Amino acid sequence: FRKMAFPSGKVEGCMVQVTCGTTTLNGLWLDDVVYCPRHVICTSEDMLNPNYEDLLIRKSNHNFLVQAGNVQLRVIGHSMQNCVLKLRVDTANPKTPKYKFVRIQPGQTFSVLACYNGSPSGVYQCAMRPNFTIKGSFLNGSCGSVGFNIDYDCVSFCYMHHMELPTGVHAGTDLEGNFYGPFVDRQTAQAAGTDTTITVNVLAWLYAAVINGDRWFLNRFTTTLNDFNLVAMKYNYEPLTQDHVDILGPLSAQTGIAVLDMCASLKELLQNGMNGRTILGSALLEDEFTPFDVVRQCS
Amino acid sequence: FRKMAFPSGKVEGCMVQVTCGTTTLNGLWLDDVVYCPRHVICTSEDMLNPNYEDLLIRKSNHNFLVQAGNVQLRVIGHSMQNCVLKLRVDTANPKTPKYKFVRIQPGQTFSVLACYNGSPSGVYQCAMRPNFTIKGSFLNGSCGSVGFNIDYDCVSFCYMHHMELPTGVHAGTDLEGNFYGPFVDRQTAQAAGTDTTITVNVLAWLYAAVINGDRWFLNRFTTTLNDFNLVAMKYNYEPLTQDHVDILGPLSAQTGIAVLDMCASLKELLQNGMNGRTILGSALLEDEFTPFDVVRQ
Ligand SMILES: Cn1cnc(Cn2c(=O)nc(Nc3cc4cn(C)nc4cc3Cl)n(Cc3cc(F)c(F)cc3F)c2=O)n1
Ligand SMILES: Cn1cnc(Cn2c(=O)nc(Nc3cc4cn(C)nc4cc3Cl)n(Cc3cc(F)c(F)cc3F)c2=O)n1
């Protein structure tokens, strides 16, 4: 049982480089439009406190250099949608997959294709944190890298990377240009709200552990949904809804362990700790696998 | 630090399905050859103790169903090299990347493109364990999935998945069909040897911690390589090779910490533990990041 990302080929064929003067980052080329963070129009000076409508009115199509590998794509139009710039180009991307733009909710996972200067570099799985950050692996030049899910050859794009916060976590937008979380696309120090643990995901991962043979944390105690949620809230865990209980149904059926019985196991782990033991080789309770992630990798 | 895979697109374009009768698995289509585990020629009654030479003689080109998606690739020649079947097909794959076949050492990492029925499903990073297994994530139908590294647009293929062992770890071959480890391609219970910790990779992880400013474990001692190797084996750690010392060179240079001084720091951690302290936010020493992985990040 590993963190597993979707195959990245359908997205690799869409990555391009976008340059404005000295400023360069990654863009996403779908049909005849390139999507990228609007931060690209900023000079070093502009970055600290940009007025984007002002900066963009002073721009012309020919100010934008879009490179797909070695081939330059000519910009024939541009517009801004919130924090995303849309560059219309005179060529359609022949590698454009079937795709959709989606806004995900906290706790949901996605694959990240980290890119630098328009070239893909690596792929890994992430989760939208409850405080709307992501704990990614991004370096300088990764701005504009995207996160996505794939279902039946349709790529659902959900994240476009913008910035690293002082704590090392990451902030970005959906592909409509709206930030996840209370952040803005300005180079100034920004903190996130206090984060919490994604409870339904921890439970899914405990089920993964049982499916893979690690059972030491199970017990014969039990709990009600409300009494579990009281303890969860005490420990900065997200509440578990009846919808979450329903979504864990397939894993409870496969393992014969009722959801509220797994909740009682988690309650004990929160109250007692792991006593130096590990679960799926982890010394800490992992919360970045969804119930669907576990079902897909174990079935 | 987390495990990151290489982008998988160059390998996705090479995955195909190979079927013999009802036995079906994944193959790798490069130029006009498809590579796949020879186990595919086993009927369910042959899988226990197959006579592969006798099974191959009964086979003709037209017995092999090779499919890219739903498109059949006509087989024009077939041969067996060690544990891999090589099916020559009448179409050169237009998506063939620049590639080579390499045989890796324990501790080396690679990306796995897990596939089912010729269809890529997921990608993740893996390390070759000292006992020549990999702690992968594979289901039924994954036979023939490959592992690879990418360096400057060249794909180095290093693993072809064959089987799951009773302990849940996985065993396979290089792309010349030679198994990693003392395994054979028969559906018989084979136990993996006792595993050990990948010392060169733990050392890389310590350098990564130093680079990020976490350096409490740097002690005032040094050691010789022979001295360290003898101590390491008493803690179930792998001995270091001359090649290992060399691949730590870049990280040693970047930090200014001699390899042998870092060995002495590791030795102290093996003989005393960590005393509640963590390294890179982890109470456990990570051994599946190579020195290349560390610099890669
Ligand atoms: C360490 N790290 C992790 N993720 C990131 C992402 N990231 C980034 O790749 N680039 C940024 N600033 C730029 C500087 C440039 C210098 N040149 C020549 N061109 C540049 C282009 C960019 Cl985008 N930033 C900072 C940043 C990016 C934003 F989109 C934003 F709204 C505010 C910010 F402070 C950055 O975080 N780096
Ligand atoms: C749970 N798991 C994790 N990895 C694996 C890999 N694996 C596999 O995918 N298939 C195997 N046997 C087959 C059965 C088939 C049934 N049909 C209809 N077609 C089949 C094709 C195969 Cl390959 N095996 C077992 C196995 C495969 C070998 F290549 C080998 F040499 C020995 C073995 F015991 C398998 O491990 N499953």
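Below, chain A is the first sequence line, B the second, and so on; all start at residue 1. Below, each value reflects all heavy atoms present in this structure, side chains not excepted, and no hydrogens, waters or symmetry copies. Every number for a ligand or one of its atoms is a count from 1 in the order of the listing.
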Report task. Write down the macromolecule with more contacts to ligand 1 than any other chain, named per UniProt. Result -> 3C-like proteinase nsp5
Query raised in the report: What is the identity of the drug or drug candidate at ligand 1?
Result: ensitrelvir
Query raised in the report: Which other chains are heavy-atom neighbours of ensitrelvir (ligand 1) at a cut-off of 4.0 Å?
Result: A
Requested in this report: Write out the residues of other chains lying under 4.0 Å from ensitrelvir (ligand 1), heavy atoms counted.
Outcome: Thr22(A), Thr23(A), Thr24(A), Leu25(A), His39(A), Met47(A), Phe138(A), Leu139(A), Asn140(A), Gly141(A), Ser142(A), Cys143(A), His161(A), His162(A), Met163(A), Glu164(A), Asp185(A), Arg186(A), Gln187(A)
Query raised in the report: Any idea which protein heavy atom is nearest atom 37 (N) of ensitrelvir (ligand 1), and the distance to it?
Result: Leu139(A) O, 3.5 Å
**Report entry** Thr22(A): numbered ensitrelvir (ligand 1) atoms lying under 4.0 Å from its heavy atoms
**Finding:** 18 (C)
Report task. Please say whether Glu164(A) places an N or O atom under 3.5 Å from an N or O atom belonging to ensitrelvir (ligand 1). Result -> yes
Query raised in the report: What organism is named as the source of chain A in the metadata of the entry?
Result: Severe acute respiratory syndrome coronavirus 2
Query raised in the report: Would you say ensitrelvir (ligand 1) has an N or O under 3.5 Å from any N or O of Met47(A)?
Result: no
Query raised in the report: Which UniProt domain of chain A lines most of the contact region for ensitrelvir (ligand 1)?
Result: Peptidase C30
Query raised in the report: Do any nitrogen or oxygen atoms of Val184(A) lie less than 3.5 angstrom from nitrogen or oxygen atoms of ensitrelvir (ligand 1)?
Result: no
Query raised in the report: Purely on distance, is any nitrogen or oxygen of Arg186(A) under 3.5 Å from one on ensitrelvir (ligand 1)?
Result: no
Report task. Could you list the atoms of ensitrelvir (ligand 1) found under 4.0 angstrom from a heavy atom of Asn140(A)? Result -> 1 (C), 2 (N), 9 (O), 37 (N)
Query - atom 8 (C) of ensitrelvir (ligand 1): the protein heavy-atom neighbour that sits closest, reported with distance to 0.1 Å - result: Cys143(A) CB, 3.7 Å
Query raised in the report: Would you say atom 25 (C) of ensitrelvir (ligand 1) has a protein heavy atom nearer than 4.0 Å?
Result: no
Query - Residue, atom name and distance, where the atom is the protein heavy atom closest to atom 20 (C) of ensitrelvir (ligand 1) - result: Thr24(A) O, 3.6 Å
Query raised in the report: Are any of the N or O atoms of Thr23(A) closer than 3.5 Å to those of ensitrelvir (ligand 1)?
Result: no
Query raised in the report: Do ensitrelvir (ligand 1) and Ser142(A) have nitrogen or oxygen atoms that lie under 3.5 Å from each other?
Result: yes
Query raised in the report: What is the nearest protein non-hydrogen atom to atom 7 (N) of ensitrelvir (ligand 1), stated with its residue, atom name and distance?
Result: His162(A) O, 3.7 Å
Query raised in the report: Distance below 4.0 Å between atom 18 (C) of ensitrelvir (ligand 1) and any protein heavy atom?
Result: yes
Report task. Do me a favour and list the nearest non-hydrogen protein atom to atom 36 (O) of ensitrelvir (ligand 1) with residue, atom name and distance? Result -> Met163(A) CA, 3.1 Å
Query raised in the report: Which atoms of ensitrelvir (ligand 1) sit under 4.0 Å from any heavy atom of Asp185(A)?
Result: 31 (F)
